[PDB]
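Bound state: Cytochrome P450 2A13 + pilocarpine.
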Amino acid sequence: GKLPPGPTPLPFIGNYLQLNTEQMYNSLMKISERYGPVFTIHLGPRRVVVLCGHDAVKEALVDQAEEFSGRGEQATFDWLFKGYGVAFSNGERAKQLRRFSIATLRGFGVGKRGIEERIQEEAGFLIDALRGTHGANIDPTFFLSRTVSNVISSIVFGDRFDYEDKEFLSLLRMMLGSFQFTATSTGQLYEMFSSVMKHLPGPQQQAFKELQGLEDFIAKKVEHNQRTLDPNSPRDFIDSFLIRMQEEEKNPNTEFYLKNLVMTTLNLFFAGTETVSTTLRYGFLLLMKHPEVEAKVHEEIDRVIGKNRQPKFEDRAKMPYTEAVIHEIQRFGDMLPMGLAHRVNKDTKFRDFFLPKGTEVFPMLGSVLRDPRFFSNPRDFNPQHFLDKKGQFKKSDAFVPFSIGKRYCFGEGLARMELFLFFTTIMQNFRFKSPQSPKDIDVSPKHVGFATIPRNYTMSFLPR
Ligand code: HEM
Ligand SMILES: CC[C@@H]1C(=O)OC[C@@H]1Cc1cncn1C
């Protein structure tokens, strides 16, 4: 009846001394090279259990999937959410807001023809945008996020933002900034020492500012929607939820009230924007570093699709190389290295170890994506990871950027279809040029913390 081994914590600071807040993953991966695939850490006051490799992670989150289905803290987002919404909540609230969210996204056609024709249409609205930069050197950052956010916006708001909207440019700035903070040294020190640091001046404060800015906005769309509602036919995600808040007024235990609504919508709007767009911004850089991979994707396009029409999402079965490249950007790029934290919601026996009720769990998603048993060159960019000798597509149990188990990314379906199309559609129209030689492109991360962020680069989209 004892915890997993680990370095001796100090009082209050925990294992501050053996942790590099500038790369948290490598610090935790060094400790496991010494203790094992399951060890115990303290980030400040918080006792965490950290899981390493495909085996540790799968047996935790899938084989005992119920007991590891809790949610732990991300103190940056916990300052805003306070345990409300679909993503950062626990128990009876998590199961209801999740059950309702999946059912509703399917209403608006996630992984269906509706959202296909929305993405397909927005993808062309971006093609125009990039054909009108005329080959000149740009930052791809806010072009991509604009386009990516517009898909999720259609679902949650009822329609899209205009690309010329000054206030829209602002909301995307608020996501990029709050998100990049979680990845920085101070971001990872804030995980450790939130209790103190939320009252101290510093970068943390600028990130509450933008979080606060984001909530405000969403709560202004909830007001406008609320007063102009039509109870017998819904326009968007907010409306459907409003319709369920009415029906649930007689029930005092309901999880469908104003604050849960507002929080769950931000979960969706924030996640539908910054994780598919970073993945693309990373993927472009990885394509200009690897020109022989770019040329091969282009060729698979012209023979399967051509130049005339617009790529669908079933054009995908006849495209094994391009679908490998997209899985390999997703695995190399390593979006959320430690995932969202979990928690055991009751006393738990796991592998001879004991985990008390409320124990926090770090499922290292990045160490599965770099499990050397499943990948032959774990830290190189090789699309042959996702192919066999006959050139067809090879699924891997260690491809887990979207997590596994009971609290896994229900936004995975939307994201898969978005990635395929955006990537195919852009590269069907343009080839990418860098202002620097392929041997001189630094494809290593700028910040790695809660997210993996790629470095800054300028680029050209010149037509074919
Ligand atoms: C490449 C893009 C994306 C990646 C790599 C990604 C990855 C992840 C990961 C690792 C989790 C953690 C789940 C856990 O607790 O174990 C997660 C959760 C979540 N994701 Fe995504 N995600 C992406 C895009 C999206 C999109 C487009 C949406 C919008 C519908 C979304 C919505 C969510 C939500 C609501 C959760 C919380 C689930 C819960 O706590 O029940 N994600 N995602
Ligand atoms: C930026 C934090 C995001 C949020 O508020 O809701 C969930 C989320 C974390 C996340 C999950 N999938 C993508 N992201 C960025």
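In order, the residues displayed for chain A correspond to 31-494 in the PDB entry numbering, which applies throughout. For ligands, and for the atoms within them, numbers begin at 1 and follow the listed sequence. These values consider heavy atoms only, across backbone and side chains, with no hydrogens, waters or symmetry-generated copies.
The full list of places where pilocarpine can be found here is ligand 2. The deposit credits the origin of chain A to Homo sapiens.
Proximity to pilocarpine (heavy atom under 4.0 Å) is shown by these UniProt substrate-binding residues of chain A: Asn297.
UniProt heme-binding residues of chain A with a heavy atom under 4.0 Å from pilocarpine: none. The residues of other chains having a heavy atom under 4.0 Å from pilocarpine are listed as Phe107, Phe111, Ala117, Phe118, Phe209, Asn297, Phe300, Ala301, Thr305, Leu370.
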